[PDB]
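Residue numbers begin at 1 in each chain, while the letters A, B, ... track the order of the sequences. One-based numbering, in listed order, for ligands and for the atoms of each.
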Amino acid sequence: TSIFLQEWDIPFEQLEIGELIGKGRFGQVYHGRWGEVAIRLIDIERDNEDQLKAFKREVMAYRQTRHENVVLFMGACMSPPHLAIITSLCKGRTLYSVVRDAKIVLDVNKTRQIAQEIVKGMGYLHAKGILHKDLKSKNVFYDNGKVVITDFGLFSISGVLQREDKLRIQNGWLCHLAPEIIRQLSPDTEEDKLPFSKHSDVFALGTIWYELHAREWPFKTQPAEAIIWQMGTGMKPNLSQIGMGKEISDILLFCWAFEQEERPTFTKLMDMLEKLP
Amino acid sequence: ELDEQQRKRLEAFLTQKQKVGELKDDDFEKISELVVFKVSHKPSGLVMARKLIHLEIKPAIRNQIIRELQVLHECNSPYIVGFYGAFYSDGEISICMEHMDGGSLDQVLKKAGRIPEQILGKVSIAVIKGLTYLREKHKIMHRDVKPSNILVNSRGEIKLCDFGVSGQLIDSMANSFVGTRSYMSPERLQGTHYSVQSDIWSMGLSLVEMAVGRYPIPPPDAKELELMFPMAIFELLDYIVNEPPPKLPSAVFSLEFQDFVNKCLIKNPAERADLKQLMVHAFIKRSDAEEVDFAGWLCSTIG
Ligand SMILES: Nc1ncnc2c1ncn2[C@@H]1O[C@H](COP(=O)(O)OP(=O)(O)NP(=O)(O)O)[C@@H](O)[C@H]1O
Ligand SMILES: Nc1ncnc2c1ncn2[C@@H]1O[C@H](COP(=O)(O)OP(=O)(O)NP(=O)(O)O)[C@@H](O)[C@H]1O
Ligand SMILES: Cn1cnc2c(F)c(Nc3ccc(Br)cc3Cl)c(C(=O)NOCCO)cc21
């Protein structure tokens, strides 16, 4: 009914909670001291006990994770109604902030390298049988060539969807969802029962690949309902309007494939990215 | 475009405009919830409707928002809601507008069973001329016509609100709320070029919903149509794009009304009736020359 932070391999004596790092739909993310750390405080309503019973299992799954491209999960303590997820602190900037900065230059070679790093981390998480299901440029950090993935698996227990018969969509969420997920969305759909898969995470990476070159999300102009229909029927943009070669456009064609089984695995995707100019 | 009684109160509105000056939060006392709130202004005796939209962004960007929002001080029409001012308080932008004691058309449709054809005629005329005013006088389209954005009052006038006057506010929106009722035109769902024709579709779909008392997509079966007299979001949107548009029952409504909504719900926006063609349609010529006490219907219907 509780998880102690003395159950963790990271030896824990004291934890200092600092300032808030930023605004976020899922809990509050504060600075921390352990070395500096990132503490995410969450509240559980003390209902769906069996769902948080699975939250504990998913957290213990994080314990077996360690990879240079995946944020170091360091511990988690649960004294209901309060939970806390403690991960290593990422210095640098989110890929969201980097991609939208005028001074930062993003040639084709660095975008190939940034993508390969995210693929390597996701390939590890898939090999360990872990689905990230909320891959965005706000959950990838970039510090002068160091690329780390963040917030994997949180979306299942997130509760970011919660009006009466009206589902909440944030700006960049829809364009990362594969068509099989988009066709499921409903005002009373919940994050725990959405058909996520390894193919859906590959689709989310395809969105990031578009974001790396266009340096903006796909379907930027259009409202949420138009995005839902266009993505559900399989309409997807390309990168030719900015002069990107076929090599860089084939990445999207494979990752954004309408049928799940046509999307490559991350190992195969790593091969594909190796063969770019 | 012309009337004297409508000019009588619109200039009196501009007499009440003098003491609005500038606005800040402490001027207001929360009266009730209608997110919008009915509020009591104390620097001037006006009771107002102040709408709060929660957005966080750098100062210069929302200053660009206010520059774009102050255009509403310029647009004045008996068919669009009047504008007081827009300030930024507590990280939530406020838009101060007329309080219309009748509410929106969706909650009065929730109050009534169905809305009769004669009232919907006057509603059609005012929405057409309101959109006409915006497009011809300010080069803007509404972009969000639906029953929840058409307001009524006990004086008897109806006005359009929540129309798109600012461009940066579109992008500045942090998120959006997508439910089971969608009023977006097919052409906008498919991401093609769109004009006021999309607002005409939204008007037509709003009219049929208010006429029958139910959101008309998907169409009801035979048993539900007699009694009147679990679907994902993508299934609805794909029904709007590919399946034939909704239509009124042929028994209880006049031909002029049925043809009017049919011309508004043509999928092809080039064939869809425009504001000018609607101004000539037989349905609104007939409705314009009718004696209907709209205030009497409202006050007796809502109570
Ligand atoms: N390890 C970390 N190092 C540095 N910043 C972090 C770290 N983890 C989270 N943050 C920041 O904390 C803030 C909130 O993060 P989060 O709750 O994940 O929301 P988000 O993913 O950025 N956007 P959203 O998905 O809509 O909630 C953001 O500014 C993140 O960049
Ligand atoms: N000037 C007004 N006078 C009276 N009621 C108003 C006025 N403006 C808004 N309202 C009320 O405010 C409610 C909410 O407004 P709004 O923010 O547009 O949400 P909504 O129209 O109901 N649905 P949505 O527009 O998709 O968020 C409406 O249902 C009206 O009842
Ligand atoms: C995108 N966008 C650009 N400009 C806008 C604008 F002015 C708006 N409001 C408005 C306009 C005129 C009058 Br008169 C009264 C109102 Cl309340 C809205 C709006 O009401 N969004 O509601 C979103 C859901 O909460 C949106 C705008």
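- Of zenarestat, prednisolone, selumetinib, the match for ligand 3 is selumetinib.
- Measured by close contacts, the chief partner of selumetinib (ligand 3) is listed under the PDB entry as Dual specificity mitogen-activated protein kinase kinase 1.
- Other chains in heavy-atom contact with selumetinib (ligand 3) below 4.0 Å, by letter: B.
- The UniProt domain of chain B holding most contacts with selumetinib (ligand 3) is Protein kinase.
- Neighbours of selumetinib (ligand 3) among the ligands and ions, at a cut-off of 4.0 Å: ligand 2 (phosphoaminophosphonic acid-adenylate ester).
- Using a 4.0 Å heavy-atom cut-off, the binding site of selumetinib (ligand 3) is formed by B:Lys51, B:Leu69, B:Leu72, B:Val81, B:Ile95, B:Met97, B:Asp162, B:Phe163, B:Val165, B:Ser166, B:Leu169, B:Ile170.
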